[PDB]
Participant: 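Attached: Ribonuclease L with toceranib bound.
The lettering of chains (A, B, ...) simply tracks the order of the sequence lines. Residue numbering in chain A adheres to the PDB entry, whereby the residues present occupy positions 22-324, 329-617, 621-643, 662-727 in order. For chain B, we keep the numbers from the PDB entry: what you see runs 23-321, 323-567, 570-643, 660-729, in order. No hydrogens, no waters, no symmetry mates; every other heavy atom, side chains included, goes into these values. All ligand and atom numbering here is 1-based and tracks the order in the structure.
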Amino acid sequence: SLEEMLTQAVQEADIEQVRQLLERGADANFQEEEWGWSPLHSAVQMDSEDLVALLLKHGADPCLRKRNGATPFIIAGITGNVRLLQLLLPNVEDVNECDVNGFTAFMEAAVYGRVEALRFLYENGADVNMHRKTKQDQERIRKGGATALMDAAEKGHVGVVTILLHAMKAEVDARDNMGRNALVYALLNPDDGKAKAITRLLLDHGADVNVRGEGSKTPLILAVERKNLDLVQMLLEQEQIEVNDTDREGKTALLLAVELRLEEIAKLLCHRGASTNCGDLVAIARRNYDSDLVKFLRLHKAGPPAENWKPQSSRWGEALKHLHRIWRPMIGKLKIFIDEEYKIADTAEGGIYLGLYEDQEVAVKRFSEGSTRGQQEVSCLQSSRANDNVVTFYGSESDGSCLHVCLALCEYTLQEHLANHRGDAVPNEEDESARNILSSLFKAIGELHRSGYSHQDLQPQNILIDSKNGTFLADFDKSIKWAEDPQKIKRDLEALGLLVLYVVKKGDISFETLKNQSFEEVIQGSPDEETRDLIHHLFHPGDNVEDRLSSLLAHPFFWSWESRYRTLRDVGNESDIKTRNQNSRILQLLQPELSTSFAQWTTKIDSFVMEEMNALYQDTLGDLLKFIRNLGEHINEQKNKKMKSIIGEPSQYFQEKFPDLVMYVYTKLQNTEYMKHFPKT
Amino acid sequence: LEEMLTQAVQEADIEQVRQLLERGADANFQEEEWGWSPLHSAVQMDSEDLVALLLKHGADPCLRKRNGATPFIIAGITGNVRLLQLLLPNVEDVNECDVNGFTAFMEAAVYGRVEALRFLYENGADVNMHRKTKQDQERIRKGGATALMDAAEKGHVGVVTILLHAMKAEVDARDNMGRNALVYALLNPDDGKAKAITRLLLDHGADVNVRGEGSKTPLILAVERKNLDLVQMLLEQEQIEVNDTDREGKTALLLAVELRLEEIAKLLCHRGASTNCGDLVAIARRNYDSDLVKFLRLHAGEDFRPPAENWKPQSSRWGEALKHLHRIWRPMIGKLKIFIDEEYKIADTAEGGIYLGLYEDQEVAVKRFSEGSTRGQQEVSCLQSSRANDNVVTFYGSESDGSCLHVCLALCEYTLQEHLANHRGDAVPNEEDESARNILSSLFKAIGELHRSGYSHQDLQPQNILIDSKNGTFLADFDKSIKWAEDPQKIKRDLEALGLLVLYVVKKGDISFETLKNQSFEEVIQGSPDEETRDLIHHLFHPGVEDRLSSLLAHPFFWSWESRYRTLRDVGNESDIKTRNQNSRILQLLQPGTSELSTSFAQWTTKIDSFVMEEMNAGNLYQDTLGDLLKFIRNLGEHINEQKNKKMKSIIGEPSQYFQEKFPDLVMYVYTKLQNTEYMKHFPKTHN
Ligand SMILES: Cc1[nH]c(/C=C2\C(=O)Nc3ccc(F)cc32)c(C)c1C(=O)NCCN1CCCC1
Ligand SMILES: Cc1[nH]c(/C=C2\C(=O)Nc3ccc(F)cc32)c(C)c1C(=O)NCCN1CCCC1
């Protein structure tokens, strides 16, 4: 708290207080730990020589380095007051001392366009053609190696560039580690005037014009993309320039000029040997409605690639092949055309259209760029990237006024998918597919809740099936961060219960019908007790922060018919069931209501089968599980083949005859030691 | 073959056009892709001669192509007015539209065709008409723009002042988004043309507190453009609100300070801009903007609080560093926030290293390459084709600056190597290793799906495998990957590295990976602790030939110990095993020939404790056949827990572990004998 007010005093520029505290013993080489700023560093930055003098009076080191390795000498280059540089030079071991990224005081004078300061340092031994030596991580990615001229050229300081080349013997064709010269730095400056002057200077000194910058672009290409005919003329004056150089994308300087609607620039390029075998220029000019340029390319005319690209979607394959072939302007990384041929579906605002994002096929959901709906969709999607059962999110792109959200393209909606597979199974077979779809949804919605989000509009058109029969949740425009109202999670759970019934009924019942039913009507329409119990627990959940849904994945609804039969057999093999030990812990657990279908169960079984098993079966639950265990073990023997014919497949037998059995046993043993007999879930 | 009907019109030789008309050829024929008529194409090329010849052979001048454009409206762009006068006698309405709402008048406004614009004006063209578009694009508030808005955007100064002063153009007409011509004007790259147009629109009363994209006002747009002049012209209005904010919450002054523009900052303060929209002095100080810091100091951020840190990381290993990176100030590289400093460094690479980052405010790992790097290009190519692969590290995106490719990936806790070290103590010496199975089955799926996607990894090792906070395994690092279609045989080296990884993970990391790569295939197999592992690794070193991986997920290596025991019990309960019917199909599968020699279960009745062997005896005596051992296992399984057999239960312990240790080859033997038979039914259900 003493050095603290020394620091505070220097920023307010209260000079007496600075003297007082140095007299009082305040450390002038105190470095704040976040970024390493010294009071001498901060003094040079604010340009107050009075403060620079008083601190130096009290032994403050002028080559003390902050986090980036900069000394208050190097910071003086940035300030560009020469009398500060005078005051510190007597103490500085090397005038070419650099920071961790290789910046010297002379470079910093070049960067900040400090003419008076760069002269001073020039006379005092500064290296003019110094390249920046940086840390090893940065050099292995070929960063660094820039020079004072490149910095001056990029920031457009014409004053500084002139002096460097003429007065200071600056190398014009010095390169950085990536291979760039000052010419390419010069051509990236937004101001046309300053760019024009600097390129002229650099050219006359012998700056190479066949060099490669970002995107493998040449100087000429950069000048064309800038739309500046002047810089094109200057670079065309050199004859050893390669006019038919191509960037990373395979585009040539002429091609871009035609594409960019630049008549003057196009003609001038042709009249300097630019080949017209780079692309179909007249189609491009025709598309741009430049009649005059079409004529020119035609009057100069004397007399296409191969289409590699293949879509992975088979439903959308032919339309994507078309969209890939046509020309469209890019919206960032997105290629899209708003036409019914490329439309997937209709929405509350904008529609779903096929698109290409980074040349990958996607579904593009459109919103107005201001839309609250568009904001919640993107916010929820960007938190869901680890949720395997949520549709993959590529990215969002905006133009003037439309937010495009790009998503993984799926084959079918849940509804369509159920329709296509509706004739696959015979009427009364076990429905594995309903389990897979629903367990996927439970995980999807459960993970979304752990993410802090609730969907708020779960229905079969928001659920998509990919080429490999995976189920994915989509459409988060009405989603909410559920901490805002934790009780609206129940709406997700209710829609899940309707989706349970919807999928179990193979889509024969519409979702609209099901939403118009009451809870009791939904339970009645359920074909079995497992489904009934599950839907019940979704409408009457417990209380959980996205733990609830994963728990219900252990519910016997998601147990196969073999696993259900296996659990009843395993329970019926407990010692105390076979010995009918009625004080036992197991039988006390199955102790007890509403007349179950297995009360008086020995009467409901075929009398031949009942007779032969007896080799004393009472109407207890314990005795029925023993019955199931025994039959399970001996059903396949030669001795029992008539029994086997009457029973058929045993799992289905007991379940049809006693529909509440599995659920009853599950409820009695669910939080007990005998849970171990349940299938692994 | 009549493809000259329109090849002739584009070559503009009229000799072949007139003669083509009387040679079995139509004039209103529309090519199906875009709908271009020869009359459409004639007007676009500005040929008075071709439009004349075709129209005196009946060609309809209100014929539409795909966007609903007529040859009339497309005359609006070309601007030639005597083609407009040749076609007007044949057109019902001069305000006719294309599907996007565009008139012949606005296309004249867009292309700055002054002489064409006034022709249409005095022929009744509506100057204040807004575009009526398709219902899709109106529901996202697109369309509704004016001829003035088009003139303003394209910078045509001539056209703007004629519209305002000759043609009674509404200056504050809005589009469906809520924009006026002022905001269209300020998006124009040319400073001069922008200056002139803004002046005109301002003097006629164009609202200056409008909102465009991003909820930016005209003033904010002028500051972001770095143009002092447009700023002064805007603040000449007194009704303007200088403290209007954008959607990001920032105001015109704050941006000016952030952007290093003391000119514009000072002028803004001198016109009522509040100085508590941000800590301006800290911002100017960080920009080394000495004179600006002095200025703001004389007046600044005394009454301003920066929002309290309402952001929490999900990673616990990297939590502390991400909290710091969220707090500090950094410039954005597109959607990426990163700082290259050792505090935020995750690992070293051969190019650039791995650093913590924030991408769309999500924590990520940022792998850096040279923007030219071939290895950087293969990494993103393979990542972009793996977005559906659940067991590949999630790919957020790539960002480039001047000269560095940043690849942003899901942040994981630990490397496979680190993870096996931390959990080395978790299992008891002789208990089942579930974790080895989960890790390996995830890798099998990962590499399998990567192959279906057309890629091979080519450098599988434990440093390229990451574990997340929920113990899920993810494959990463595809800088050396290849499209295997060029050379389909090189996926075998992925399957070899998988073989090594199997042994590596089963040994809980105690044998190094370098050791294992220096071993031969036979040495690796002999180092395996059980026959399941041995068999699996064998099938990875000798695979082929393609989707071996998916099939191997059914291998008994991935069967739990309960399931292994369950299938031995279920095979042992077959009728023909209990009756010892040796002619049966099952026992002909199991124990055919002269005998079952050279296996730990030859004379198996001798290897079992004599108490338990005795008490199991109720022919009629367990023989040294495999059939009788599975019967043995079935019988014990059913009665082991009964009160009468408590002592047997204590000698045996957990029965699955018992039989596997005393007969290590048993499970694999039964598997091999029954694997493509009907008795496959007894195997556990595996992955679909
Ligand atoms: C309402 C609907 N949504 C979708 C699809 C998506 C949807 O709503 N969101 C999506 C996000 C990504 C993606 F790949 C697809 C969708 C479809 C294909 C449909 C649909 O079914 N469209 C009409 C064709 N069928 C359904 C009724 C009879 C006609
Ligand atoms: C070699 C290595 N790679 C990583 C991490 C990743 C890695 O190599 N690739 C990744 C991609 C995504 C991601 F989230 C993480 C990585 C770490 C943390 C390490 C590591 O172990 N760093 C500390 C080095 N210490 C640990 C043992 C002695 C060296």
Participant: Using a heavy-atom cut-off of 4.0 Å (strictly under), which other chains touch toceranib (ligand 2)?
Facilitator: B
Participant: For B:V387, which part has a heavy atom under 4.0 Å from toceranib (ligand 2): side chain, backbone, both, or neither?
Facilitator: neither
Participant: Any protein heavy-atom neighbour for atom 27 (C) of toceranib (ligand 2) (distance below 4.0 angstrom)?
Facilitator: no
Participant: Pick one of side chain, backbone, both or neither for how B:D500 approaches toceranib (ligand 2), counting any non-hydrogen atom pair under 4.0 Å.
Facilitator: side chain
Participant: Is the closest heavy atom of B:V416 to toceranib (ligand 2) under 4.0 Å?
Facilitator: no
Participant: Specify side chain, backbone, both or neither for B:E441, according to which of its non-hydrogen atoms lie closer than 4.0 Å to toceranib (ligand 2).
Facilitator: side chain
